[PDB]
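Caption: novobiocin together with DNA gyrase subunit B, bound form.
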Amino acid sequence: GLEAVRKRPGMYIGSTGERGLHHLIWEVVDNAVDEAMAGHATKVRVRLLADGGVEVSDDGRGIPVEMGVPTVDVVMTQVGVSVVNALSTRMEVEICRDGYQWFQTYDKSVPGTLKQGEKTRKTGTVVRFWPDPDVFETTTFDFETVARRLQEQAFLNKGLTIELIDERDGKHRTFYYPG
Amino acid sequence: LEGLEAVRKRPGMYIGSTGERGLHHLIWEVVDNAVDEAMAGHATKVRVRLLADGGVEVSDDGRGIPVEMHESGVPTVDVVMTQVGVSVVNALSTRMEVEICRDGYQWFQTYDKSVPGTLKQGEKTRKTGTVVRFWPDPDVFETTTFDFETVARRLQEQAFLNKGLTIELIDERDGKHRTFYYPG
Ligand SMILES: CO[C@@H]1[C@@H](OC(N)=O)[C@@H](O)[C@H](Oc2ccc3c(O)c(NC(=O)c4ccc(O)c(CC=C(C)C)c4)c(=O)oc3c2C)OC1(C)C
Ligand SMILES: CO[C@@H]1[C@@H](OC(N)=O)[C@@H](O)[C@H](Oc2ccc3c(O)c(NC(=O)c4ccc(O)c(CC=C(C)C)c4)c(=O)oc3c2C)OC1(C)C
Ligand SMILES: [Zn+2]
Ligand SMILES: [Zn+2]
Ligand SMILES: [Zn+2]
Ligand SMILES: [Zn+2]
Ligand SMILES: [Zn+2]
Ligand SMILES: [Zn+2]
């Protein structure tokens with residue numbers, strides 16, 4: 001399971017250095033950007049939080065919430081982003097889908113109870129995660145490393161707007177190439 | 001078995017979709033795994049070949065995927081190719097080949113519709129590193145054509161993030177080639 005990732009993180013992210021740390025944001029960004037071609041997303045927002053966390057938001061389809069375990073718990077324990085869950089102290093996931101907001105938490109990768117919130121016509125996903133400082137040699141995301149990836153992803157997804165906000169210093173950049 | 005069947009049943013959960021961007025997840029993964037060995041395994045060169053038949057070959061001079069017996073009673077390379085990021089590539093490929101230089105020897109393994117062959121010990125060598133070849137399954141992907149410029153953009157990023165690493169790209173479909181290098 002996720003125990004395997006914690007035991008041998010190098011098998012999943014190459015190392016536990018700064019390049020290993022950046023695998024986490026690369027995965028969560030990738031998953032959001034995937035919704036431009038797969039889910040009619042128009043905007044992805046990436047925030048580098050001053051406490052070391054990361055938030056990635058999109059207006060794609062929303063991770064499926066239908067069930068007897070919710071699909072989001074399967075995603076967050078089985079697929080690419082489960083490595084992020086394994087190596088984070090906590091994650092928060094917000095989904096807009098099927099007419100409602102939905103909220104889930106992971107505490108050392110253990111799911112909370114999926115909560116149905118307010119009605120909404122919006123669709124998309126917000127993923128927030130806090131990399132475990134007991135795993136990583138470095139918990140500082142590099143603005144220019146992240147910017148280079150988001151520029152590539154905007155260029156490969158004509159019409160997608162990607163916003164990067166560094167909450168550590170207020171630095172922000174928007175990436176957009178028209179179709 | 002089970003875990004790879006899951007990828008074939010719901011590929012969008014692993015690679016987003018089954019179009020051009022989904023196809024490129026496979027090369028991004030295998031390239032990433034090789035480039036990881038620059039920071040982790042003293043690699044100096046990665047070579048990416050877009051094969052004329054649609055396959056991909058990625059070579060590195062890193063440590064070599066471990067070949068010794070895993071706790072699960074198979075060679076560690078078989079665990080890697082069935083359990084971790086590259087197992088998605090295995091699941092969605094008709095076949096894979098893996099050449100490893102490690103522990104004083106050359107080693108060769110195949111995967112046929114993700115099923116491991118018998119790991120074979122080859123000649124002695126002092127070299128270390130890995131070659132991974134894969135052939136994306138046209139029954140999965142709506143296109144099997146890799147985009148040279150898309151691949152070149154990723155390799156330039158990876159060379160910039162790994163000062164001193166040489167990355168060579170060869171398109172065997174038309175002879176186009178690029179070499180990426182940023183000095184330390
Ligand atoms: C981290 O989750 C990622 C997503 O990330 C974001 N940010 O959306 C995204 O990269 C991708 O999102 C998908 C990937 C596949 C489908 C997908 O296949 C859908 N189609 C359905 O009819 C559907 C509805 C419910 C359900 O449980 C499943 C899962 C089964 C599949 C994929 C056949 C599929 C669908 O509505 O949304 C999908 C979505 C939102 O894959 C995830 C879920 C692992
Ligand atoms: C697809 O394989 C990738 C590798 O890709 C390439 N091209 O080398 C690379 O990205 C990374 O390679 C690692 C990842 C971890 C270790 C690693 O932890 C080593 N340390 C050991 O002493 C060791 C020795 C035996 C052994 O079974 C393991 C753990 C198993 C692993 C890493 C698969 C570790 C080691 O020598 O090499 C390692 C190597 C080469 O992770 C893989 C295996 C998923
Ligand atoms: Zn990696
Ligand atoms: Zn560095
Ligand atoms: Zn549609
Ligand atoms: Zn993806
Ligand atoms: Zn070393
Ligand atoms: Zn060495």
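Convention: sequence-line order gives letters A, B, ...; per-chain numbering from 1. Order of listing sets the numbers, starting from 1, for every ligand and every atom in it.
- Within the model, the positions assigned to novobiocin, copies included, correspond to ligands 1 and 2.
- Lab note - other chains with heavy atoms under 4.0 Å from novobiocin (ligand 1): A, B.
- The heavy atom nearest to atom 26 (C) of novobiocin (ligand 1), considering only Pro70(A), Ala32(A), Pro64(A), is found in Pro64(A).
- Using a 4.0 Å heavy-atom cutoff, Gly62(A) is listed among the residues neighbouring novobiocin (ligand 1).
- Counting heavy atoms closer than 4.0 Å to novobiocin (ligand 1), residue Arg97(A) contributes side-chain atoms (C-beta onward) but none from N, CA, C or O.
- Near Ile63(A), the atoms of novobiocin (ligand 1) lying under 4.0 angstrom from a non-hydrogen atom of the residue are 1 (C), 2 (O).
- When each atom of novobiocin (ligand 1) is checked for a heavy atom of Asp34(A) under 4.0 Å away, the hits are 10 (O).
- Of the candidates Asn31(A), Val56(A), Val127(A), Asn31(A) brings a heavy atom nearest to atom 5 (O) of novobiocin (ligand 1).
- Of the candidates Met13(B), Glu35(A), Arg61(A), the one placing a heavy atom closest to atom 38 (C) of novobiocin (ligand 1) is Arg61(A).
- Contacts under 4.0 Å between novobiocin (ligand 1) and other ligands or ions: none.
- At a heavy-atom distance under 4.0 Å, only side-chain atoms of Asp58(A), from C-beta outward, approach novobiocin (ligand 1).
- Around novobiocin (ligand 1), within 4.0 Å by heavy-atom distance, are found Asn31(A), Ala32(A), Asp34(A), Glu35(A), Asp58(A), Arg61(A), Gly62(A), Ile63(A), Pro64(A), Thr71(A), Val75(A), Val79(A), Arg97(A), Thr125(A), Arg10(B), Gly12(B), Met13(B).
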